[PDB]
> 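Looking at a complex of lobeline and acetylcholine-binding protein, neuronal acetylcholine receptor subunit alpha-7 here.
Order of the sequence lines sets the chain letters (A, B, ...), proteins ahead of strands, with each chain counted from 1. Whatever order the structure lists ligands and atoms in, that order sets their numbers, starting from 1. The deposited model was determined using X-ray crystallography, 2.2 Å.
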Amino acid sequence: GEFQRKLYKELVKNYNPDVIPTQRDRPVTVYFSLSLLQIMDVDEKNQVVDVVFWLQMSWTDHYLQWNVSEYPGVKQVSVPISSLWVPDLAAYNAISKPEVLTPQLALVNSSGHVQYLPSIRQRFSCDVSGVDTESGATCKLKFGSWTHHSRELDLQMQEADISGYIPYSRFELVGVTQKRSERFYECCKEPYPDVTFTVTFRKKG
Amino acid sequence: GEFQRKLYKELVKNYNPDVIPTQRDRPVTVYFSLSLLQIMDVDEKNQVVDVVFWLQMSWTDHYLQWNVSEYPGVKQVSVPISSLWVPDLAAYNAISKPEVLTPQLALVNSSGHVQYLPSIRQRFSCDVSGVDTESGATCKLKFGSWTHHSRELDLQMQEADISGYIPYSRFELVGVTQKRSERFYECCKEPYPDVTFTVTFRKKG
Amino acid sequence: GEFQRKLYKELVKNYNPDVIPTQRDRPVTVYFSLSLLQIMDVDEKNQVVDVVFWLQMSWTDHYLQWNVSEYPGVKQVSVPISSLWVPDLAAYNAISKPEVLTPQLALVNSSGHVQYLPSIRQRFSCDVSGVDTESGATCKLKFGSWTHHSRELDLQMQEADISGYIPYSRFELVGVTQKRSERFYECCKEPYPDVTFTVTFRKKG
Amino acid sequence: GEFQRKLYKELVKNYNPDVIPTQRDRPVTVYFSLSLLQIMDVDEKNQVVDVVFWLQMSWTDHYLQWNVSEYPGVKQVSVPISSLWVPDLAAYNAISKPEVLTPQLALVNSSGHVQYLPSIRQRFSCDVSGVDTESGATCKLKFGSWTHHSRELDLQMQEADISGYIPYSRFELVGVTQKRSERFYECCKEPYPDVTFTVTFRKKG
Amino acid sequence: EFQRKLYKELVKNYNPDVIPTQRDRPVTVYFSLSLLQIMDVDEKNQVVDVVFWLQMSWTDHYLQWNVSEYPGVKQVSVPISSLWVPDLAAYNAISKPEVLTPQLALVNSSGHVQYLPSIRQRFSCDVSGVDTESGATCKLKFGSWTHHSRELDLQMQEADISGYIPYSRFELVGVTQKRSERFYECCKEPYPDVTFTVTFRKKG
Ligand SMILES: CN1[C@@H](CC(=O)c2ccccc2)CCC[C@H]1C[C@H](O)c1ccccc1
Ligand SMILES: CN1[C@@H](CC(=O)c2ccccc2)CCC[C@H]1C[C@H](O)c1ccccc1
Ligand SMILES: CN1[C@@H](CC(=O)c2ccccc2)CCC[C@H]1C[C@H](O)c1ccccc1
Ligand SMILES: CN1[C@@H](CC(=O)c2ccccc2)CCC[C@H]1C[C@H](O)c1ccccc1
Ligand SMILES: CN1[C@@H](CC(=O)c2ccccc2)CCC[C@H]1C[C@H](O)c1ccccc1
Ligand SMILES: CN1C[C@](C)(O)C(=O)C=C1c1ccc(Br)cc1
Ligand SMILES: CN1C[C@](C)(O)C(=O)C=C1c1ccc(Br)cc1
Ligand SMILES: CN1C[C@](C)(O)C(=O)C=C1c1ccc(Br)cc1
Ligand SMILES: CN1C[C@](C)(O)C(=O)C=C1c1ccc(Br)cc1
Ligand SMILES: CN1C[C@](C)(O)C(=O)C=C1c1ccc(Br)cc1
Ligand SMILES: CN1C[C@](C)(O)C(=O)C=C1c1ccc(Br)cc1
Ligand SMILES: CN1C[C@](C)(O)C(=O)C=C1c1ccc(Br)cc1
Ligand SMILES: CN1C[C@](C)(O)C(=O)C=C1c1ccc(Br)cc1
Ligand SMILES: CN1C[C@](C)(O)C(=O)C=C1c1ccc(Br)cc1
Ligand SMILES: CN1C[C@](C)(O)C(=O)C=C1c1ccc(Br)cc1
């Protein structure tokens with residue numbers, strides 16, 4: 001639409017993706033969930049698991065709201081993430097950079113609510129030695145902001161799903177849990193929340 | 001051409017490649033098809049198939065049409081895709097990033113019709129356990145827009161091609177079917193169409 | 001010299017590297033040749049050949065001429081290819097991205113004649129099954145413009161060279177031939193020329 | 001933050017990340033320490049060690065201090081390192097480029113103190129031949145500025161931390177020391193300091 | 001605060017694509033390779049994997065500065081992307097160079113530039129002799145890709161093998177370096193190169 005150009009133009013001049021959109025005495029709440037799609041491989045020598053997963057990330061950016069009457073037909077837009085502030089969520093125990101599989105686009109509606117749903121493949125340090133047993137091997141995937149504490153970035157978890165897990169895999173799921181925690185570090189007196197996805201899996205047969 | 005040089009000039013000042021060129025509540029229709037070239041490898045252990053294929057993609061961008069009377073002998077132009085809006089089609093079940101092998105340019109005519117034909121190598125999740133049997137392995141290669149629903153981006157299919165299939169590969173191409181679906185998801189009120197290419201193949205000998 | 005700087009400044013102000021420098025119905029002729037340097041490897045299981053080769057491309061860009069008067073001591077200059085229009089030659093049957101080994105600069109002279117001479121490593125689809133036989137394996141390295149038909153870009157060949165081929169390779173060269181063909185594709189009305197280099201090689205011992 | 005937008009804007013407008021924040025007769029002091037997280041692998045044939053570690057770098061950049069009265073609510077911010085001057089620290093005996101695993105953001109406070117804490121995977125040259133003996137292999141990970149001598153960049157160490165060392169790898173930690181040295185080089189009139197992290201480890205029984 | 005204004009002048013009044021020659025006089029660049037480690041050899045495919053240090057230096061007359069105008073500035077550390085740098089190609093490389101160090105060069109007030117990258121690269125080489133007393137010999141050949149000798153005068157400095165790792169499986173037999181120059185049938189001007197040569201063999 002013609003308004004669409006107008007909207008994106010405003011994004012270039014009148015917005016900074018480096019600025020965390022906190023609002024006085026209020027952190028930015030980001031919602032986070034992980035859906036495991038496939039355990040690609042394990043390395044029992046190097047203690048690594050290779051996984052493909054779908055992240056669901058959402059938050060409100062008050063700077064990203066616009067007036068519907070000003071851009072009539074425009075309700076939500078598809079935006080390159082590079083143009084937007086994005087939570088600096090890090091995989092604490094990853095041992096490779098993430099490979100993002102999908103278009104690096106996010107949805108933004110007129111209230112400034114952003115959803116970023118990337119599919120990702122990444123390797124993680126894990127004790128995978130129990131993988132050929134009945135109890136399986138348990139890998140914890142730990143995520144959290146690298147630089148923002150809880151009063152600036154309130155990480156919350158959404159309910160996760162094993163429904164997307166590939167059925168014809170050589171690994172079967174014995175269990176999964178997802179939990180939010182909040183721990184202090186020696187440096188700063190503010191805590192840093194984390195969301196941990198724990199998967200227990202074993203070889204079929 | 002010199003009267004071809006001004007045409008490109010209009011691209012920069014006016015046009016935004018982030019903006020899907022929907023007209024007045026009419027979706028952008030993209031015609032989509034795949035030519036299979038070579039099945040490079042399968043991974044029986046990790047359930048992966050590695051393919052090389054061309055995507056034929058075409059659509060009309062009404063922001064990209066020009067008065068042919070105003071520009072003498074310019075019937076069409078070759079434009080870098082980074083200067084153009086392109087459909088954010090993703091391979092839903094890919095486990096690797098697409099490796100684009102060809103120059104990243106699209107053909108645009110004065111109707112604003114755009115043609116983009118990349119050659120791609122990509123690895124997909126697939127049950128390849130039957131590959132050595134007479135019935136062989138059947139892989140679904142499923143594509144759709146990552147962020148746009150059918151009212152915005154209407155994905156339609158054209159005839160798939162296999163004439164370009166390599167005849168000296170170790171895999172015999174049994175068959176290939178293509179189908180379009182228009183499905184609602186639990187998340188949104190709008191359907192998101194997909195085109196799926198089903199490839200049945202098996203080891204020769 | 002202190003005129004190169006003015007010469008380069010003119011490039012930015014007026015020149016568009018996406019515009020193909022055609023004239024009054026005249027296509028840009030580009031002279032093309034490939035020199036085979038080394039056959040790196042073969043994959044007999046996946047039907048792939050890995051080659052390092054030197055491409056020679058030359059053409060005249062009528063927008064890149066300058067009067068030697070207004071730039072006294074400037075015979076020729078070395079320009080980043082990103083500042084120039086360059087032919088979008090693709091290896092039709094590659095199955096990997098080209099790895100350009102050398103600096104990405106072309107030479108341009110006062111009459112707008114441009115020379116671009118990259119050294120490249122790339123993997124191609126090829127029936128290498130006869131490699132250990134007397135007959136050997138034959139591979140076709142096929143190159144052409146990805147988006148410009150024969151009336152826009154006239155691809156012509158020049159003499160081929162094997163003097164540059166490594167003598168200590170495990171692969172013995174037998175024959176190298178080149179030819180120019182003009183052929184039709186489903187997408188398009190007009191013919192697209194190609195130059196194909198045919199390599200026949202075999203193991204020693 | 002209304003005041004954060006101002007601060008980030010001022011960074012772009014009135015700061016050059018290419019300039020080392022040395023003062024009038026005074027070097028920049030950078031504090032540096034390496035925390036070993038996991039020895040991923042060793043190659044006894046090529047003499048390499050593959051390690052994952054967490055670096056702590058901090059220094060004061062006097063051009064990054066700000067008056068709190070001009071930015072009332074703002075005590076510290078997370079800034080992309082690309083926007084900052086950062087110490088050009090290189091691993092002397094590295095044989096691969098660093099794979100930075102974490103978000104490339106540093107914390108800056110109002111007195112210009114910067115903290116950058118990347119997680120890194122990187123391969124180093126090392127005599128790993130004693131890895132299966134009781135004594136173990138000893139690897140030196142040596143770091144220093146690549147272009148700045150001690151009078152412009154003063155490199156100092158901090159207390160080490162092996163409390164993050166993965167307990168379930170096939171390698172056990174024997175000895176781990178860290179020392180600062182100030183070597184001279186035949187070229188330059190000026191000495192160049194280095195920090196060296198020495199790991200002794202062996203294969204578990 | 002003075003380096004600040006140096007970098008500012010560099011932005012408006014300098015094009016890094018322009019070779020800093022003068023009135024009919026080439027830019028001389030000095031070049032030397034120091035071998036650090038032979039990482040591996042491929043005996044089937046005829047390839048050697050090496051890690052080395054390149055010393056490159058030259059004078060860019062556009063990069064000199066009045067020492068009066070900037071009091072306490074001896075040398076500055078500058079991103080190579082902001083400077084003209086020689087387009088030196090490895091003629092017989094079979095992979096892209098992997099640069100291991102920060103991409104910065106030193107420039108002083110005379111406009112002398114020093115660029116010292118450390119690099120991992122793979123080259124075509126006959127390594128069939130690597131297990132013999134005489135050993136394998138590999139040539140590492142470097143030269144400008146687009147500038148003839150009357151524009152870019154490549155000259156060589158003495159190499160260095162003191163930086164060579166003592167604990168690899170390869171002992172060094174012999175090392176040498178030489179400057180060369182030839183006319184190519186194609187072009188009117190001659191072109192120079194510097195070739196570094198190693199001879200090495202497995203230990204034990
Ligand atoms: C980054 N770090 C904290 C950093 C911090 O506050 C700090 C630490 C040390 C000194 C000064 C500040 C903030 C919250 C995330 C946490 C991550 C964890 O450290 C870590 C380090 C290395 C590997 C895995 C995980
Ligand atoms: C790509 N195609 C033509 C298509 C075009 O004009 C084009 C190219 C790129 C972008 C937009 C349009 C141009 C010349 C190369 C040729 C290759 C052949 O079609 C082909 C593709 C797939 C299977 C068999 C044959
Ligand atoms: C992204 N998703 C649709 C739904 C949506 O955006 C969404 C989903 C859930 C919540 C909010 C939005 C949009 C169209 C593509 C589709 C893909 C599929 O989800 C999917 C997820 C994970 C792996 C493979 C495929
Ligand atoms: C680079 N060199 C010093 C000297 C300098 O910059 C230099 C040398 C010679 C000429 C111009 C500048 C600066 C501090 C680091 C030191 C590193 C060591 O050389 C070295 C060389 C090769 C591999 C590993 C280490
Ligand atoms: C690149 N080439 C010359 C090329 C030139 O000026 C030229 C050639 C042909 C036409 C017009 C100009 C310039 C100086 C270096 C020389 C290198 C060697 O060719 C070569 C080719 C392929 C692999 C390794 C080496
Ligand atoms: C950030 N702004 C600025 C302003 C002025 O409020 C406006 O009119 C629209 C936007 C905006 C642009 C793009 C997106 Br996505 C969200 C908000
Ligand atoms: C899993 N974690 C999180 C924790 C415990 O908070 C921490 O500080 C370090 C790691 C960690 C362990 C191993 C590797 Br490899 C990376 C991170
Ligand atoms: C978008 N425009 C604008 C205008 C003014 O209508 C015109 O004359 C031409 C173009 C245009 C520019 C590049 C391409 Br490709 C297509 C159309
Ligand atoms: C094949 N698909 C598409 C579908 C059915 O839409 C879906 O919801 C998820 C996948 C899919 C399968 C495997 C992997 Br790995 C990733 C996505
Ligand atoms: C872009 N032009 C055009 C014009 C106006 O003739 C001129 O002054 C010089 C050039 C030019 C710039 C760079 C190169 Br290389 C060649 C010609
Ligand atoms: C070998 N060719 C050239 C041809 C016939 O022109 C074409 O259009 C496609 C291919 C080709 C075949 C297999 C693979 Br994998 C890639 C390209
Ligand atoms: C670099 N400046 C300039 C100035 C004018 O002093 C100011 O007000 C704030 C900053 C500054 C901006 C961002 C960061 Br982080 C640190 C200091
Ligand atoms: C670790 N160093 C630094 C030192 C000792 O100053 C030197 O001269 C060379 C090296 C070095 C070691 C291995 C490799 Br690979 C590269 C450089
Ligand atoms: C580009 N110049 C020339 C000039 C304008 O005369 C001057 O005053 C200083 C510089 C210059 C800038 C950066 C570096 Br490094 C070297 C010289
Ligand atoms: C090393 N050279 C340079 C030389 C001798 O001038 C030539 O003509 C070809 C090569 C060369 C040899 C092997 C490979 Br692979 C690439 C280039």
> Curious which chain letters or ligand numbers map to lobeline here.
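It corresponds to ligands 1, 2, 3, 4 and 5.
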> Okay, with a cut-off of 4.0 Å on heavy atoms, which other chains neighbour lobeline (ligand 3)?
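Within the heavy-atom cut-off of 4.0 Å: A, B.
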> Looking only at heavy atoms, is any part of A:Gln56 under 4.0 Å from lobeline (ligand 3), and if so is it the side chain, the backbone, or both, or is it neither?
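For A:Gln56, only side-chain atoms sit under 4.0 Å from lobeline (ligand 3).
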> Could you check atom 21 (C) of lobeline (ligand 3) against the protein and tell me its nearest heavy-atom contact, residue, atom and distance included?
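Closest protein heavy atom to atom 21 (C) of lobeline (ligand 3): A:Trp54 CE2, 3.5 Å.
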> Does even one non-hydrogen atom of B:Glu186 get within less than 4.0 Å of lobeline (ligand 3)?
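Flag not set, B:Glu186 not near lobeline (ligand 3).
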> For atom 20 (C) of lobeline (ligand 3), which candidate among B:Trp146, B:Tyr185, A:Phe53, B:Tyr192 provides the closest heavy atom?
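Nearest option to atom 20 (C) of lobeline (ligand 3), by heavy atoms: B:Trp146.
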> With atoms numbered from 1 as shown, which atoms in lobeline (ligand 3) lie under 4.0 angstrom from a non-hydrogen atom of A:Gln115?
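Listed by number with element: 11 (C).
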> Give the single entry among B:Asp88, B:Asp194, A:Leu37, A:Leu117 that approaches atom 23 (C) of lobeline (ligand 3) most closely by any heavy atom.
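Residue with the shortest heavy-atom distance to the ligand atom: A:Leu37.
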> Please report which non-hydrogen protein atom sits nearest to atom 24 (C) of lobeline (ligand 3), along with the residue it belongs to and the distance in Å to one decimal place.
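Among all protein heavy atoms, the one nearest atom 24 (C) of lobeline (ligand 3) is B:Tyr92 O, 3.6 Å.
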> Check if B:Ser145 has a non-hydrogen atom at a distance under 4.0 Å from any atom of lobeline (ligand 3).
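Yes, B:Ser145 has a heavy atom closer than 4.0 Å to lobeline (ligand 3).
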> Show which atoms of lobeline (ligand 3) fall inside a sub-4.0 Å distance from at least one heavy-atom site of B:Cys187.
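Once the distances to B:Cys187 are compared, the set is 4 (C), 5 (C), 7 (C), 8 (C), 9 (C), 10 (C), 11 (C), 12 (C).
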> Which residues, given by chain and number, make up the 4.0 Å heavy-atom shell around lobeline (ligand 3)?
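The heavy-atom contacts are A:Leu37, A:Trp54, A:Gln56, A:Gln115, A:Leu117, B:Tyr92, B:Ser145, B:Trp146, B:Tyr185, B:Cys187, B:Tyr192.
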